[PDB]
Amino acid sequence: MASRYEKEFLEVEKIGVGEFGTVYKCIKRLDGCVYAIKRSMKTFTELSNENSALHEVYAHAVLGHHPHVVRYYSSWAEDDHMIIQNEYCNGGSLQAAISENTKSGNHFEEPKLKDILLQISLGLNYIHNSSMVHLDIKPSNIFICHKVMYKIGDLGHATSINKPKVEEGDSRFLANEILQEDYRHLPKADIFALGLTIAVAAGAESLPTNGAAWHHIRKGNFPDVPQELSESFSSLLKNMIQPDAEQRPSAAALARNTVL
Ligand SMILES: *C(=C)Cn1c(=O)c2cnc(Nc3ccc(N4CCN(C)CC4)cc3)nc2n1-c1cccc(C(C)(C)O)n1
(Lines of atoms letter the chains of each structure in order from A and count residues from 1; the text may use other names and numbers.)
(Lines give C-alpha, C1' and ligand atoms only; values in the text may rest on other atoms or scores of the structure.)
Protein backbone atom coordinates (compact mmCIF):
# COMPACT_ATOMS: atom_id res chain seq x y z
CA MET A 1 0.00 0.00 0.00
CA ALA A 2 2.59 2.51 -1.20
CA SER A 3 2.47 5.65 -3.35
CA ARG A 4 1.32 5.75 -6.97
CA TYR A 5 4.79 7.02 -7.90
CA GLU A 6 6.54 4.20 -6.04
CA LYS A 7 4.29 1.48 -7.46
CA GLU A 8 4.28 2.80 -11.04
CA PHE A 9 7.81 4.14 -11.54
CA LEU A 10 11.43 3.31 -10.80
CA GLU A 11 13.42 6.42 -9.87
CA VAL A 12 16.75 6.46 -11.70
CA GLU A 13 18.34 9.82 -10.88
CA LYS A 14 17.57 13.40 -9.89
CA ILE A 15 18.02 15.66 -12.91
CA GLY A 16 17.08 19.15 -11.73
CA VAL A 17 15.14 21.50 -9.49
CA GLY A 18 12.61 24.15 -10.46
CA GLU A 19 9.04 25.38 -10.39
CA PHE A 20 9.09 24.63 -6.65
CA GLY A 21 9.94 20.96 -7.11
CA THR A 22 12.52 18.30 -7.88
CA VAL A 23 12.64 16.41 -11.19
CA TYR A 24 13.74 12.78 -11.55
CA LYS A 25 14.25 10.59 -14.59
CA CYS A 26 11.85 7.71 -13.99
CA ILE A 27 11.17 4.48 -15.85
CA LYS A 28 7.48 3.63 -15.99
CA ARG A 29 7.36 -0.01 -14.96
CA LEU A 30 4.49 -1.09 -17.20
CA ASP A 31 5.76 0.25 -20.56
CA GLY A 32 9.50 0.56 -19.86
CA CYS A 33 9.93 4.07 -21.27
CA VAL A 34 11.59 7.04 -19.53
CA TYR A 35 9.74 10.04 -18.10
CA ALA A 36 10.69 13.27 -16.34
CA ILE A 37 8.61 13.59 -13.16
CA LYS A 38 8.64 16.73 -10.98
CA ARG A 39 7.57 16.39 -7.34
CA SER A 40 6.34 19.60 -5.70
CA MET A 41 8.55 20.60 -2.79
CA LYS A 42 5.53 22.35 -1.24
CA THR A 43 1.90 21.60 -0.36
CA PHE A 44 -1.35 22.76 -1.97
CA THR A 45 -1.02 25.77 -2.01
CA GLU A 46 -1.01 29.57 -1.86
CA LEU A 47 -3.04 32.35 -3.50
CA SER A 48 -3.65 32.22 -7.24
CA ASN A 49 -2.11 34.28 -10.08
CA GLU A 50 1.45 34.07 -8.71
CA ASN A 51 0.92 30.31 -8.24
CA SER A 52 3.14 28.11 -10.41
CA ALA A 53 1.16 24.88 -9.99
CA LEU A 54 -2.15 26.35 -11.18
CA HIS A 55 -0.40 27.80 -14.24
CA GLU A 56 1.07 24.37 -15.01
CA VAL A 57 -2.30 22.70 -14.45
CA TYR A 58 -4.23 25.21 -16.57
CA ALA A 59 -1.70 25.02 -19.42
CA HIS A 60 -1.63 21.21 -19.46
CA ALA A 61 -5.43 21.09 -19.81
CA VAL A 62 -5.60 23.74 -22.55
CA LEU A 63 -2.77 22.48 -24.76
CA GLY A 64 -2.68 19.13 -26.53
CA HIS A 65 0.50 17.55 -27.84
CA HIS A 66 2.84 19.29 -30.26
CA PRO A 67 6.23 18.01 -31.47
CA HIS A 68 7.99 21.11 -30.03
CA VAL A 69 6.21 21.35 -26.67
CA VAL A 70 7.41 18.93 -24.00
CA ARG A 71 4.66 16.32 -23.88
CA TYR A 72 2.44 16.08 -20.81
CA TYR A 73 1.06 12.74 -19.62
CA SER A 74 -0.44 12.78 -16.11
CA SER A 75 -0.53 14.79 -12.90
CA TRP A 76 -1.64 13.81 -9.39
CA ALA A 77 -1.08 14.47 -5.69
CA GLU A 78 0.74 12.66 -2.88
CA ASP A 79 0.51 13.78 0.76
CA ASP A 80 -0.74 17.12 -0.65
CA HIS A 81 2.30 17.40 -2.99
CA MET A 82 1.72 17.77 -6.73
CA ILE A 83 3.47 15.38 -9.12
CA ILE A 84 3.86 16.15 -12.84
CA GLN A 85 4.78 13.48 -15.41
CA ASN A 86 6.19 14.68 -18.73
CA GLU A 87 8.11 13.15 -21.61
CA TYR A 88 11.83 12.73 -20.94
CA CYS A 89 14.06 14.76 -23.25
CA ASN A 90 17.35 12.84 -23.27
CA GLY A 91 19.53 15.76 -24.40
CA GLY A 92 18.82 17.97 -21.41
CA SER A 93 18.55 21.72 -21.42
CA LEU A 94 19.62 23.97 -24.25
CA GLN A 95 21.27 26.05 -21.51
CA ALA A 96 23.41 23.05 -20.55
CA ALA A 97 24.63 22.63 -24.13
CA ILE A 98 25.56 26.32 -24.37
CA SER A 99 27.64 26.00 -21.19
CA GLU A 100 29.57 22.92 -22.30
CA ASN A 101 29.93 24.82 -25.57
CA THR A 102 31.25 27.97 -23.90
CA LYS A 103 33.71 26.26 -21.55
CA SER A 104 35.11 24.24 -24.48
CA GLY A 105 35.84 27.40 -26.50
CA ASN A 106 33.20 26.58 -29.12
CA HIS A 107 29.89 28.24 -29.96
CA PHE A 108 26.69 27.48 -31.83
CA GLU A 109 27.02 28.43 -35.49
CA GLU A 110 24.51 30.35 -37.60
CA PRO A 111 23.15 27.21 -39.37
CA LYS A 112 22.29 25.93 -35.88
CA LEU A 113 21.07 29.20 -34.35
CA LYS A 114 18.62 29.15 -37.25
CA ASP A 115 17.31 25.65 -36.59
CA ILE A 116 17.15 26.25 -32.83
CA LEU A 117 14.91 29.26 -33.45
CA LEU A 118 12.80 27.69 -36.21
CA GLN A 119 11.86 24.63 -34.16
CA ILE A 120 11.10 26.70 -31.05
CA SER A 121 9.08 29.11 -33.21
CA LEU A 122 6.97 26.17 -34.39
CA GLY A 123 6.32 25.19 -30.78
CA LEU A 124 5.61 28.79 -29.81
CA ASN A 125 3.05 29.05 -32.62
CA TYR A 126 1.07 26.07 -31.31
CA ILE A 127 0.87 27.70 -27.87
CA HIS A 128 -0.30 31.05 -29.25
CA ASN A 129 -2.71 29.40 -31.71
CA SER A 130 -4.19 27.83 -28.57
CA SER A 131 -4.61 31.39 -27.20
CA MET A 132 -1.92 30.64 -24.59
CA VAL A 133 1.37 32.42 -23.89
CA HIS A 134 4.52 30.99 -22.32
CA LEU A 135 6.01 33.95 -20.36
CA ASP A 136 9.31 32.31 -19.33
CA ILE A 137 11.12 31.55 -22.59
CA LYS A 138 14.82 30.95 -21.96
CA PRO A 139 17.38 28.21 -22.71
CA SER A 140 16.65 26.71 -19.27
CA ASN A 141 13.15 25.79 -20.47
CA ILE A 142 14.15 24.44 -23.91
CA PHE A 143 14.87 20.72 -24.02
CA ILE A 144 16.75 18.59 -26.54
CA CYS A 145 15.69 15.13 -27.70
CA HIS A 146 17.76 12.41 -29.37
CA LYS A 147 21.14 13.52 -28.05
CA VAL A 148 17.58 16.47 -33.12
CA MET A 149 14.62 18.52 -31.94
CA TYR A 150 14.07 21.29 -29.39
CA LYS A 151 10.96 21.46 -27.20
CA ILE A 152 9.55 24.10 -24.88
CA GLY A 153 9.02 23.18 -21.23
CA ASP A 154 8.12 24.76 -17.89
CA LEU A 155 4.59 26.18 -18.11
CA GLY A 156 4.65 27.62 -14.59
CA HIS A 157 4.37 31.08 -16.18
CA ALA A 158 1.79 30.17 -18.84
CA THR A 159 -1.63 31.80 -19.08
CA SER A 160 -4.63 32.35 -21.35
CA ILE A 161 -4.39 35.27 -23.75
CA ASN A 162 -7.94 36.54 -23.16
CA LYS A 163 -8.13 36.87 -19.35
CA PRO A 164 -4.44 36.86 -18.36
CA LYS A 165 -2.92 36.26 -14.93
CA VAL A 166 0.69 37.40 -15.31
CA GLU A 167 3.73 36.61 -13.20
CA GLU A 168 6.75 37.94 -15.07
CA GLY A 169 9.40 35.39 -15.97
CA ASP A 170 13.18 35.60 -15.80
CA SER A 171 14.17 39.26 -15.92
CA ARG A 172 17.15 38.68 -18.25
CA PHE A 173 14.65 37.55 -20.93
CA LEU A 174 11.86 39.90 -19.82
CA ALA A 175 10.42 42.43 -22.25
CA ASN A 176 9.97 45.89 -20.75
CA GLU A 177 6.42 45.97 -22.16
CA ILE A 178 5.57 43.22 -19.67
CA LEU A 179 7.41 44.90 -16.78
CA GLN A 180 5.23 48.00 -17.26
CA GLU A 181 2.07 45.81 -17.09
CA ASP A 182 1.12 46.39 -20.75
CA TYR A 183 -0.41 43.02 -21.68
CA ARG A 184 -1.90 44.32 -24.94
CA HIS A 185 0.19 41.81 -26.97
CA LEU A 186 1.44 39.10 -24.62
CA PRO A 187 2.60 36.65 -27.36
CA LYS A 188 5.20 39.21 -28.45
CA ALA A 189 6.92 38.82 -25.07
CA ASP A 190 7.86 35.23 -25.93
CA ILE A 191 9.15 36.50 -29.28
CA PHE A 192 11.30 38.97 -27.32
CA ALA A 193 12.58 36.30 -24.92
CA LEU A 194 13.25 34.00 -27.89
CA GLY A 195 15.33 36.70 -29.56
CA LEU A 196 17.45 36.85 -26.42
CA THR A 197 17.42 33.05 -26.11
CA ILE A 198 18.98 32.78 -29.58
CA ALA A 199 21.46 35.45 -28.50
CA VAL A 200 22.58 33.26 -25.62
CA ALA A 201 23.03 30.34 -28.02
CA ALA A 202 25.19 32.35 -30.45
CA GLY A 203 27.63 32.89 -27.57
CA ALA A 204 26.61 36.20 -26.02
CA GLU A 205 27.81 37.17 -22.57
CA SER A 206 25.76 36.24 -19.52
CA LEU A 207 22.74 38.49 -19.82
CA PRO A 208 22.44 41.60 -17.61
CA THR A 209 20.07 41.48 -14.66
CA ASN A 210 19.15 45.18 -14.35
CA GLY A 211 20.43 48.71 -14.91
CA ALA A 212 21.61 50.44 -18.07
CA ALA A 213 22.81 47.25 -19.77
CA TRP A 214 19.28 45.92 -19.27
CA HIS A 215 17.63 49.16 -20.42
CA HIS A 216 20.06 49.31 -23.36
CA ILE A 217 18.89 45.91 -24.61
CA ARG A 218 15.16 46.74 -24.58
CA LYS A 219 15.80 49.66 -26.96
CA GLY A 220 16.22 47.07 -29.73
CA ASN A 221 19.97 46.94 -29.03
CA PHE A 222 20.93 43.32 -29.60
CA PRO A 223 23.45 42.02 -27.04
CA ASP A 224 27.03 41.71 -28.22
CA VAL A 225 27.89 38.21 -29.44
CA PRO A 226 31.51 37.34 -30.32
CA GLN A 227 30.34 36.01 -33.70
CA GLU A 228 29.41 37.40 -37.12
CA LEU A 229 26.09 36.41 -38.69
CA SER A 230 24.14 37.22 -41.84
CA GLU A 231 22.60 40.67 -41.52
CA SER A 232 19.54 39.20 -43.22
CA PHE A 233 19.44 36.89 -40.20
CA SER A 234 20.78 39.58 -37.86
CA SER A 235 17.95 41.91 -38.91
CA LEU A 236 15.28 39.32 -38.12
CA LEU A 237 16.89 38.78 -34.71
CA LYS A 238 16.71 42.47 -33.76
CA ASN A 239 13.14 42.71 -35.03
CA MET A 240 12.42 40.23 -32.21
CA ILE A 241 13.75 42.38 -29.39
CA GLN A 242 12.60 45.63 -30.96
CA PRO A 243 10.88 48.00 -28.50
CA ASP A 244 7.07 47.92 -28.44
CA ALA A 245 5.33 45.74 -29.38
CA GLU A 246 2.95 44.34 -31.97
CA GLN A 247 5.68 45.10 -34.54
CA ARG A 248 7.69 41.97 -33.72
CA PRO A 249 7.02 38.98 -35.99
CA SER A 250 4.43 36.43 -34.94
CA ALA A 251 5.50 32.85 -34.31
CA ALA A 252 3.64 31.97 -37.52
CA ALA A 253 5.35 34.80 -39.42
CA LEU A 254 8.55 33.24 -38.04
CA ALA A 255 7.62 29.67 -39.01
CA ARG A 256 7.20 30.92 -42.60
CA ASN A 257 10.34 33.05 -42.95
CA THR A 258 12.62 31.58 -45.62
CA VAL A 259 15.58 33.16 -43.83
CA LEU A 260 15.16 30.25 -41.41
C1 LIG B 1 8.53 19.77 -15.96
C2 LIG B 1 8.34 18.52 -15.52
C3 LIG B 1 9.84 20.25 -16.38
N4 LIG B 1 10.66 19.35 -17.20
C5 LIG B 1 10.18 18.62 -18.26
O6 LIG B 1 8.96 18.62 -18.61
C7 LIG B 1 11.30 17.93 -18.79
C8 LIG B 1 11.48 17.02 -19.85
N9 LIG B 1 12.74 16.53 -20.09
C10 LIG B 1 13.81 16.90 -19.33
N11 LIG B 1 15.04 16.37 -19.63
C12 LIG B 1 16.25 16.52 -18.99
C13 LIG B 1 17.06 15.37 -18.96
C14 LIG B 1 18.32 15.38 -18.34
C15 LIG B 1 18.84 16.54 -17.71
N16 LIG B 1 20.10 16.54 -17.10
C17 LIG B 1 21.04 15.46 -17.34
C18 LIG B 1 21.98 15.25 -16.12
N19 LIG B 1 22.73 16.53 -15.89
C20 LIG B 1 23.86 16.43 -14.93
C21 LIG B 1 21.79 17.65 -15.60
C22 LIG B 1 20.73 17.80 -16.73
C23 LIG B 1 18.01 17.69 -17.75
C24 LIG B 1 16.75 17.69 -18.37
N25 LIG B 1 13.60 17.77 -18.32
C26 LIG B 1 12.38 18.29 -18.03
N27 LIG B 1 11.98 19.16 -17.07
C28 LIG B 1 12.88 19.69 -16.18
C29 LIG B 1 14.07 19.05 -15.74
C30 LIG B 1 14.93 19.70 -14.84
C31 LIG B 1 14.61 20.98 -14.36
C32 LIG B 1 13.43 21.60 -14.81
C33 LIG B 1 12.96 22.95 -14.39
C34 LIG B 1 14.05 23.80 -13.69
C35 LIG B 1 11.69 22.78 -13.51
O36 LIG B 1 12.55 23.69 -15.55
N37 LIG B 1 12.65 20.93 -15.69
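Residues displayed in chain A correspond, in order, to the PDB entry positions 204-350, 374-486. Note that ligands are numbered from 1 as they come in the structure, with each ligand's atoms numbered from 1 the same way.
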Discussion item. Mind telling me what drug shows up at ligand 1?
Written reply: MK-1775 (bound form)
Worksheet item: Which protein or nucleic acid chain has the most heavy atoms near MK-1775 (bound form), under its name in UniProt?
Response: Wee1-like protein kinase 2
Worksheet item: Which residues listed in UniProt as Mg(2+) binding sites of chain A come within 4.0 Å of MK-1775 (bound form) at the heavy-atom level?
Response: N344
Worksheet item: When residues of chain A contacting MK-1775 (bound form) are grouped by UniProt domain, which group is largest?
Response: Protein kinase
Discussion item. Can you figure out the closest UniProt active-site residue of chain A to MK-1775 (bound form)? Give the heavy-atom distance to 1 Å, please.
Written reply: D339, 7 Å
Worksheet item: Where does MK-1775 (bound form) share space with the UniProt ATP-binding residues of chain A, that is, which have a heavy atom under 4.0 Å from it?
Response: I218, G219, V220, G221, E222, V226, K241
Discussion item. Any chance you could list the binding-site residues for MK-1775 (bound form)? Cut-off is 4.0 Å, heavy atoms.
Written reply: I218, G219, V220, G221, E222, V226, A239, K241, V273, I287, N289, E290, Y291, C292, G295, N344, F346
